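Drug sulfanilamide bound to macromolecule Carbonic anhydrase 2.
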Amino acid sequence: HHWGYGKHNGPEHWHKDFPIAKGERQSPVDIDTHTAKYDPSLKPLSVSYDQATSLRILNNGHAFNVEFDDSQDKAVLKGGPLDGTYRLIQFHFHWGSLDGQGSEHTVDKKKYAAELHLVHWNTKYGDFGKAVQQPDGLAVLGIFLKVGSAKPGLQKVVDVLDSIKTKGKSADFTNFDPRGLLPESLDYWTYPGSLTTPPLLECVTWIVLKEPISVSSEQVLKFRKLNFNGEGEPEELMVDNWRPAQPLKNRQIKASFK
Ligand SMILES: OC[C@H]1O[C@@H](O)[C@H](O)[C@@H](O)[C@@H]1O
Ligand SMILES: OC[C@H]1O[C@@H](O)[C@H](O)[C@@H](O)[C@@H]1O
Ligand SMILES: OC[C@H]1O[C@H](O)[C@H](O)[C@@H](O)[C@@H]1O
Ligand SMILES: Nc1ccc(S(N)(=O)=O)cc1
Ligand SMILES: Nc1ccc(S(N)(=O)=O)cc1
Ligand SMILES: Nc1ccc(S(N)(=O)=O)cc1
Ligand SMILES: [Zn+2]
C-alpha cells in the first residue's frame, strides 16, 4: 500500500499518508478556458533548451523520468509568470490505457491521451530539495499529447523503453534534445499548484501550453507496454498513471494570449 495508481492505492487513497492531498493548492485542475483571463503583466516566456544535457532514463515504478544535468544553468525556463531562473531537472509523462484518457490537466473537461511534464527548480534555492520547501520552488511546463501524426522528437524515448520495462531499471540517455517535444506555439495558461504525485507539495507554478503535440498511436502504445512492477513480479501494465482534476479553490488561471 505504497502509493500508486491501483484501486487500492490510487489518488483517492493518497490523503491517508499525504493529507495535503486535500489542500488549497492541489494539481491538476480543469482549465476552464472561458474563465481564464489574459494577463498583460506576464512577461514573454523563454524556454532555453539548446544546451541541455540529458543523462539517463529511469522507470521509477510510477512513470519514466528522463533526467538532466542540473549542476549549472544548461536547460532553463524563464519569463512568463516566473521570477528568476528555473533549471530543468527531469521530464516524464502521464498517460492512459486508451487514447480517450491520460492527461492530468483537462481543458474545458477534455482529457488528452497523455501529458508531458518538464520539471524545473528555482535556482535561488540552490537544490531541488530546498526548492520543494518554498511556495515558488518549482515550475512545471505541461504539454498535452493527442494521437495523430508521429512526433519525430519523441521516437528516441519510445525506442529505449524496452530496456527499462520494469521498476528500478535505468539506461543511458545522453544527447537527447528536449526541444523536440515542444509544439509550435508557446501560448499558455498558468496557475499556482502542486506536485501531482505524492508528496503532493504545493510548490509549483504550472505553465500549461495550449497547443498539444501530436504523437502516433504506435508511440503511445509503447508507453503502455511498460510495467509498474519490478522484474520477476506479476506484470501490471503502466497505464492510467494520472491524477484527476482537483478543486480550484481560491485560484485564478491566467492566459498568456488575448
Ligand atoms: O544532443 C542534444 C542537444 O544537446 C545539447 O547540449 C546541444 O547543444 C544540442 O545541439 C543538442 O541538440
Ligand atoms: O479587482 C479586480 C481584479 O480582480 C482579480 O481577481 C483579477 O485577477 C484582476 O485581473 C482584476 O483586475
Ligand atoms: O538521445 C537519447 C538516446 O537516443 C538513442 O537511444 C541513442 O542510440 C542513444 O545513444 C541516446 O542516448
Ligand atoms: N489504504 C491505503 C492507505 C494509504 C495509501 S497511500 N500510501 O497511497 O497514502 C493507500 C492506501
Ligand atoms: N538529480 C536528480 C535528477 C533527476 C531525478 S528524477 N529521477 O527524480 O528525475 C532525481 C535527481
Ligand atoms: N518529484 C516530482 C516532480 C514533478 C512532479 S509532477 N507530476 O507534478 O510534474 C511530481 C513529483
Ligand atoms: Zn507529472
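Note that the numbering runs from 1 along the sequence shown for the chain. Technique stated in the header: X-ray crystallography, 1.0 Å. Whatever order the structure lists ligands and atoms in, that order sets their numbers, starting from 1.
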- [ ] Tell me where in the structure to find sulfanilamide, all copies included.
- [x]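 It sits at ligands 4, 5 and 6.
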TODO: Report the UniProt domain in chain A where most residues contacting sulfanilamide (ligand 5) lie.
DONE: Alpha-carbonic anhydrase
Task: Polar contact flag for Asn65 and sulfanilamide (ligand 5) (N/O pairs, less than 3.5 Å) - done: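 It does: an N or O of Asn65 is found under 3.5 Å from an N or O of sulfanilamide (ligand 5).
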- [ ] Only heavy atoms count here, so choose which of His92, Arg56, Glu67 is nearest to atom 7 (N) of sulfanilamide (ligand 5).
- [x] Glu67
Task: Heavy-atom proximity of sulfanilamide (ligand 5) to UniProt active-site residues in chain A - done: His62, 10 Å
Task: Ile89, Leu88, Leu55: member with heavy atom nearest to atom 3 (C) of sulfanilamide (ligand 5) - done: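 Among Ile89, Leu88, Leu55, the closest heavy atom to atom 3 (C) of sulfanilamide (ligand 5) belongs to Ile89.
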Open item on the list: Show the atoms of sulfanilamide (ligand 5) that are less than 4.0 angstrom away from any heavy atom in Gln90.
Closed with: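 Under 4.0 Å from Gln90, sulfanilamide (ligand 5) has these atoms: 9 (O).
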Task: Zn(2+) binders in chain A (UniProt) with heavy atoms under 4.0 Å from sulfanilamide (ligand 5) - done: none
Open item on the list: My question is simple, although I want it checked carefully: is atom 10 (C) of sulfanilamide (ligand 5) less than 4.0 angstrom from any protein heavy atom?
Closed with: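 Neighbour list for atom 10 (C) of sulfanilamide (ligand 5) is empty of protein heavy atoms (cut-off 4.0 Å).
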Task: Contact residues, sulfanilamide (ligand 5), heavy atoms 4.0 Å - done: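 Using heavy atoms under 4.0 Å, it comprises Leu58, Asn65, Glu67, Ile89, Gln90.
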